[PDB]
Amino acid sequence: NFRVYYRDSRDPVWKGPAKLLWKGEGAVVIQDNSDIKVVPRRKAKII
Amino acid sequence: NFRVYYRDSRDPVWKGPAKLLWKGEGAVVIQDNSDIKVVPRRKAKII
Amino acid sequence: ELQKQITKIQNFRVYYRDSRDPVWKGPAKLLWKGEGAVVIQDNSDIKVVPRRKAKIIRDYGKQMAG
Amino acid sequence: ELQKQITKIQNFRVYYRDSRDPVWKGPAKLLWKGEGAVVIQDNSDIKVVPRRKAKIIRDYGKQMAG
Amino acid sequence: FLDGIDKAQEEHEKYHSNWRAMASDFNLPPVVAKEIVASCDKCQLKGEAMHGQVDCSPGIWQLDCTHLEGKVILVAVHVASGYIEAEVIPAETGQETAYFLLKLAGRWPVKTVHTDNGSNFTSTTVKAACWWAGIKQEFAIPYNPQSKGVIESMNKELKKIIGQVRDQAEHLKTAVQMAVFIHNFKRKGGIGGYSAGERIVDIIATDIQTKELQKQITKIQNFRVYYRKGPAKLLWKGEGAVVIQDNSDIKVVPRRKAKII
Amino acid sequence: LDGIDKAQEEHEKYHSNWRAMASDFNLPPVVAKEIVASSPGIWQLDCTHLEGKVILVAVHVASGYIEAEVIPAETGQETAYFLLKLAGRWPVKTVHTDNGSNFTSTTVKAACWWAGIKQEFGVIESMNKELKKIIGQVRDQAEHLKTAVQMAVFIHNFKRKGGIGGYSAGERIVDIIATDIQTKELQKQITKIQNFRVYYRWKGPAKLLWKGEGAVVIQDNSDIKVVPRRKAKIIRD
Amino acid sequence: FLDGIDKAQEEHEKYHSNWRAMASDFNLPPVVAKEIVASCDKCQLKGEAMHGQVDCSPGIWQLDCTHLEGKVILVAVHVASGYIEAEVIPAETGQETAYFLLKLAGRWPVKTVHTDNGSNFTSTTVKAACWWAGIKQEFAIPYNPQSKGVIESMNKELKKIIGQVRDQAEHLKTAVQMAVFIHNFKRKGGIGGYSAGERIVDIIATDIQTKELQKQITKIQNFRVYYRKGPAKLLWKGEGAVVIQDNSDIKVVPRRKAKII
Amino acid sequence: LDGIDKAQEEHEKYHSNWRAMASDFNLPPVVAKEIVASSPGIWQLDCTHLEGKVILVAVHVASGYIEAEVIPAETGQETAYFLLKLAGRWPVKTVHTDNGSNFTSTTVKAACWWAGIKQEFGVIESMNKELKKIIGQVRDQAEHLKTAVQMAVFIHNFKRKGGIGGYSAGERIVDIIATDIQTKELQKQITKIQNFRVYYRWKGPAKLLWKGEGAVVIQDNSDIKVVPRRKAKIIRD
DNA sequence: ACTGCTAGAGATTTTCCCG
DNA sequence: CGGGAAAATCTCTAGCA
DNA sequence: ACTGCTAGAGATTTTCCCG
DNA sequence: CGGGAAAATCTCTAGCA
Ligand SMILES: C[C@@H]1CCO[C@H]2Cn3cc(C(=O)NCc4ccc(F)cc4F)c(=O)c(O)c3C(=O)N12
Ligand SMILES: C[C@@H]1CCO[C@H]2Cn3cc(C(=O)NCc4ccc(F)cc4F)c(=O)c(O)c3C(=O)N12
Ligand SMILES: [Mg+2]
Ligand SMILES: [Mg+2]
Ligand SMILES: [Mg+2]
Ligand SMILES: [Mg+2]
Ligand SMILES: [Zn+2]
Ligand SMILES: [Zn+2]
């Protein structure tokens, strides 16, 4: 599996780790505490 | 001589033409209506 | 018959990009067009490009100018 | 005497940039140091760099490691 | 490095040193220090340095609202060509956006629209307008203008042209239409050295012509190709290479180890 | 190149246009245009009344593609705004009008002057009738008449299909504008190359037709001749 | 092209077409259309696309003020090394800035400071402090943070480290000092793989050593070189090339056509 | 390489340190350190009273470089803040104190724990006297005592010059810290290379000294020998 | 499961043109 | 095949707010 | 007469290591 | 001289507000 740390929306604080669900070119779909978020790959780090 | 069009300070409107006095690497000194201004070469066009 | 149609298909030029390259590449020659993928020929190299990453034109300047 | 001092001068490494190039270039060898200009030797090529565009260090890692 | 690793993790809990510092100060291999950094949640504060690429299909239009002189300007761009369509509207209301999008659909073959998550673009009236005209709504990731960078740069260009030609008109709407005209037909460049209008006409005509020609070719040219597999469909052959489509997966194989039936 | 004699024979036999010869015998369009030599901007403007509101309808004559919207009043300002929009969206060169009060106002004339449109004072009536029919068909799906008008424009432009090949008005106008762009491209190339004179083998001046990579195509005494680049010189006059 | 030029200038007064459009639509050469555009004041709206480079001499320090948690943080950076010095101050006042700069001058060899045109940095108290310590004030072009990009990026880095280590401290000033410590001694990278403190020590020691060594060399090595001219001073010779200084103009000439006396 | 015997002879004759041999005979520092083998972090802290205000003075013992500022009160919080600042600006390893109330408080101990400083409880008195002399000299140029204290620190650190070579305290501390950085670099290189064993020509294991580009320097039976890369193998143990 | 881009200002490289 | 000039291409930045 | 930079996350290229 | 692995280098982006 993977760990994702991200910067969701207008919040400069980084959040994580989240479960990586889908990895596309430019954006990733993640799950953070039963919440599905779509984050651009600029604002995310996958480990 | 040269014509300089520039964007001085927090004003999105471009002004000119002005007399070019000194051309350095990264900035230019100009004269616009007996007023001496130093403008970065990013915010200026010299013709 | 078929050869004329193939020649017309190959008369179109495609501008395209790669997944990690942000600059548009030159006018490759169009070989095949699909719903989601186009087949091109760029400098003696055949590539498959997603339809969302390709701009297929003709260039009437060129056409009417050799 | 003089040769020892010249060898010590050439033992320093200089990081520098050009007027229109924003990336710092590799550790060239220092030949001469002035008030406003330094003379370097980068890959068998001698250049004159303004003092404001050069970072002259020694690199104690390297020194104490060959 | 068991002793060194413990002294580096203990230091990282205090200083959050980067991998280079702990590698130097505790004789750790670079991979070990990188593992130490990567396991600290407090040091995960930077995303990867790349950019995505927007959809450039001929049917995609990017819409956005901009503000000038206290008014609202609704702007649409054809992504493939740069052809723009702008109009001053009384307010950022789903009714105005629905009307503008219905006009756009009635003027050009609009298949899908890519907008941000503004209130007007997410209204049920706009959804009903898109459903009637068969337009597929794609909404960007919230607070990511880079998803609609095309329409954002078009807003910049339109504002520049409006500033250029503001004196010739007395109202803002006349100047907006004048700027649309100037951008669409008086500015050349791009892929074909075209204007926006010439490029969009070329794009749509090319789509139609290529669709019809490929339909005729596929109707006439019917063959099965065996390579290395199953009866793959033949797409293009020649120049020592064959392009085939097996199980909706298009691959290019050389003429060798391939037979056309 | 080698097909110039075949193209001349084909033109003498069948009087084919330069498009057919360029598409068949693999010739540059300038050579074909010389051999054969040896509407897209037309719009009609009208005002139509429906349920007490004024609808300004613009039709592309060569294709039947319509541009209509409900305007608040039959005033020269509104129609000038409409025409400026139309010029900004399509290459409008001239508009046909019915000498109405809103079409001969000074504002509309100024709009035409700025947009480079010439004003000149049966298809429009049939187009208005068809638009009214479609509006009556789709009125029940819209609360306001302006939304219904745009629905009718969409339907007429992309859903109703008729003609020889069964294309819609949008496809027809796209094809027509593409053909006009090709025509303008060819005209610009002809104008660019017409200022040159060529001397070959040295013979008299010859009008230049094409400047190919391996040959130069010229015209001398109403006859087209192909000469190599290495046996001729081109000068500007 | 006399007729074409007039029809293009007349169109440009209306549309301000770019050079490509008028070159295409009026059969103009590219230079003529570019001349038409370049003579229009309304189309001069973009500067040249480059960047300058900040002074990187060992004596330059860049100062700036940043704000965090409602407090003011005064930050200084040594440009050549990245060594930073930060301190929470009660207000952006010339007294506090003068005190901070006097401290900085008393701690390190500060020869010149590069700041923006804030009120605190332009106060007469700061000027008097610089005069007493022999510091030369360089003020950036107004509203151009790129002139102090070094201290701006250092503000970003300091804020990131403060966010990392905020929980370990109860006040902001303690966390600021902790972040300064971490940046200066617990983060490696850069030219020598150094920390900021190691790099600044190396820079200053190298300056001193090179100055002394070059002074001794110039005292011992005294020669005049004639090339192609006057008695140019000899700076460095060898490897088929000679470096000379004629009339305060340093030039490099090959060993040929040069004689050392 | 070839100068190893000369370096051994020089060490046997004059007992020179590895620095001199590495600077003279052109040897890597590890080889010289092996041949010779075959304070920078020290600070003193004190509190001084002047005109009813408390001045906290930190001196670098090996150089005489001072760090002083006027603190609002003689409290462990203030001195902990001062020491955290000092650690953030200079590589402070241990501080000497006089068992005062503000130096044995829990806050200062926590600051030392976080900054990696060891607390241990004549130069400081002379330094305080010199600081007082300079403060009295430059008091007339400052309205507040805190500004005058910083002026005195600046003067003592960079203007007053004395010693063998006539350098100031700032140059001395810079040189000392540079030497300490060199020492730490050499120690890290020694630790990195000490985990290897070399077999040459195959003989018994030999401690690795240098891994030059054209040769490998090793030690066998208290003797340094140079072998080619192509006649020896290096393994990690 | 989604995604920076665009147009202009200089600088540098290719190509065309007559020898 | 060789320079010069012109054209094409590449690089790079602000604004979109 | 003055001037974007820095540090980290991936991707790609060099170099070292044993054969 | 040849692959693999590790290291070095190059590319590229956000935030500084
Ligand atoms: C309330 C709606 C919906 C929710 O979000 C807000 C805020 N917003 C902000 C920008 C903006 O930041 N433009 C500058 C910019 C910066 C970077 C870049 F890559 C592209 C860019 F255009 C917009 O353009 C925009 O349309 C909106 C908007 O519409 N809304
Ligand atoms: C009132 C003082 C004096 C007059 O001007 C203002 C406003 N200002 C604005 C920024 C700023 O825009 N930072 C973001 C940023 C953007 C681009 C870039 F290249 C570098 C950057 F840091 C500053 O940092 C800053 O110190 C000031 C300031 O101090 N003042
Ligand atoms: Mg928006
Ligand atoms: Mg926007
Ligand atoms: Mg500032
Ligand atoms: Mg700032
Ligand atoms: Zn950490
Ligand atoms: Zn203009």
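Letters A, B, ... mirror the listed sequences (proteins, then strands); counts begin at 1. One-based numbering, in listed order, for ligands and for the atoms of each. Values below: all heavy atoms of this structure, side chains included; hydrogens, waters and symmetry mates excluded. The deposited model was determined using electron microscopy, 2.8 Å.
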Undergrad: Okay, next thing: the drug at ligand 1, what is it?
TA: dolutegravir
Undergrad: For dolutegravir (ligand 1), which chain wins on contact count (greatest number of heavy-atom pairs under 4.5 Å), named per UniProt?
TA: Gag-Pol polyprotein
Undergrad: Using a heavy-atom cut-off of 4.0 Å (strictly under), which other chains touch dolutegravir (ligand 1)?
TA: E, I, J
Undergrad: Looking only at distances, please establish whether an N/O atom of dolutegravir (ligand 1) is found under 3.5 Å from an N/O atom of E/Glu152.
TA: yes
Undergrad: Name given in the entry to DNA chain I?
TA: DNA (27-MER)
Undergrad: Checking a contact table here: which protein heavy atom is nearest atom 6 (C) of dolutegravir (ligand 1), and how many Å away?
TA: E/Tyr143 CE2, 4.3 Å
Undergrad: Hmm, which UniProt domain of chain E ends up with most residues touching dolutegravir (ligand 1), do you think?
TA: Integrase catalytic
Undergrad: Pick, from E/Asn117, E/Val75, E/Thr66, E/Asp116, the option with the minimum heavy-atom distance to atom 25 (C) of dolutegravir (ligand 1).
TA: E/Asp116
Undergrad: Students should be able to answer this: which protein heavy-atom is nearest to atom 12 (O) of dolutegravir (ligand 1), and at what distance?
TA: E/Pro145 CG, 3.7 Å
Undergrad: Hey, which residues are hanging around dolutegravir (ligand 1) within 4.0 Å, heavy atoms only?
TA: E/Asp64, E/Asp116, E/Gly118, E/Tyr143, E/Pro145, E/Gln146, E/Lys148, E/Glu152, I/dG4, J/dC16, J/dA17
